[PDB]
Each structure stands twice: as C-alpha cells, then as structure tokens.
Colleague: 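Complex: tacrolimus : FK506-binding protein 1.
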Amino acid sequence: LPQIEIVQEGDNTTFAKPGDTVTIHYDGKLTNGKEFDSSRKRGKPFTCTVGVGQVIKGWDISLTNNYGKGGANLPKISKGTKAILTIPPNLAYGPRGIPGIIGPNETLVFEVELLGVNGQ
Ligand SMILES: C=CC[C@@H]1/C=C(\C)C[C@H](C)C[C@H](OC)[C@H]2O[C@@](O)(C(=O)C(=O)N3CCCC[C@H]3C(=O)O[C@H](/C(C)=C/[C@@H]3CC[C@@H](O)[C@H](OC)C3)[C@H](C)[C@@H](O)CC1=O)[C@H](C)C[C@@H]2OC
C-alpha cells in the first residue's frame, strides 16, 4: 500500500475522514529525484475531497488513514503535519501513466503539508 514518513508533527487532534475536504501544499518527485509538480511553485494550495475516488488511490489511502482500517507503515497525517508519501505505480497512474508528465510504471514521492481539513 502507500508508504508514509512523518517529517514533522501536527496538532495530533485533526485528522481527515472519508468525505472530508483537505487543503495541501505539495511537491511531487520521482524516486530519482526529478520534480514533476509543485503546488507551492504555482503559489496555490491544492484542495480536494478524499475518500471518494476523486484523486489517485495512494492519496485517498494516506489522507483517510486507509478509510479508518489502518495500515502497515500508514501513520495518520494531521493538520500542520509534514509527511512524505511514497506511492507505487499501483495506487497512482499505473503502467500507462500520463504523458507528457509521468512515465510508465512510476513510483511517486510527495512531500506534503496539510494546511487544513474541512472547516479548520
Ligand atoms: C482541466 C482540469 C483537469 C484537472 C486539473 C487540476 C484541477 C489541477 C490539479 C492541480 C492537477 C495538476 O495539474 C497541473 C496536476 O497534478 C499533478 O501534477 C499531481 O501532483 C497529481 O498527481 N495530483 C494532484 C494532487 C493530488 C493527487 C494527484 C491527483 O489525483 O490529481 C487529480 C488527477 C490527475 C486524477 C487522475 C485523473 C485521470 C484518472 O484516470 C486517474 O486515475 C488514476 C486520476 C486531479 C486533481 C484531477 O482529478 C483534476 C484534473 O485533472 C498530476 C501529476 C497531473 C495533474 O494534471 C492533470
């Protein structure tokens, strides 16, 4: 499943649940270290609804703590938390990927900051 490493610690009280909307700042890199996207470089944070299949599965799993099932190496991310998500080609864009930006069978690394959840 996805992998999460916690670089920094949030409030530890605010966690996203499926159907919740989250706001995130992120940089996305390949395992080789080349950046393919940054929310901050754009100057705009990303907002989405998690747990509805709106975004790739690795994002849905990490943000909702696996829909509350819990997971191996799956620590929960809270508001103000900084974490690294490693997403396998499954749970992301797969064998096809999305040209131009992503090659076939790519493992993706996201460095993310969870600015807010829902009302916040
Ligand atoms: C005209 C409007 C298009 C509309 C584009 C935007 C609102 C701007 C928004 C910042 C996207 C960025 O545009 C610069 C750019 O973000 C990336 O760089 C990226 O960091 C990424 O991977 N993200 C974004 C952050 C959340 C996780 C993931 C995602 O799941 O995002 C979602 C995603 C691509 C889902 C695919 C869709 C195809 C399915 O087949 C596949 O199923 C496996 C899942 C995004 C939100 C789409 O739902 C919404 C859109 O497409 C992609 C590398 C390519 C993507 O551009 C496409």
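Chain A uses the PDB entry numbers throughout; the residues present, in order, are 5-124. Each ligand, and each atom within it, is numbered from 1 in the order the structure gives. Reckoned from all heavy atoms, side chains included, excluding hydrogens, waters and symmetry mates.
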Colleague: Quick check: what organism does the entry name for chain A?
Modeller: Candida albicans (strain SC5314 / ATCC MYA-2876)
Colleague: I'm looking at tacrolimus in this structure - which UniProt domain of chain A has most of the contacts?
Modeller: PPIase FKBP-type
Colleague: Which residues does the binding site of tacrolimus contain at 4.0 Å, with heavy atoms considered?
Modeller: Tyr30, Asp41, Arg46, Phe50, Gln58, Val59, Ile60, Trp63, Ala96, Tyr97, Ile106, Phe114
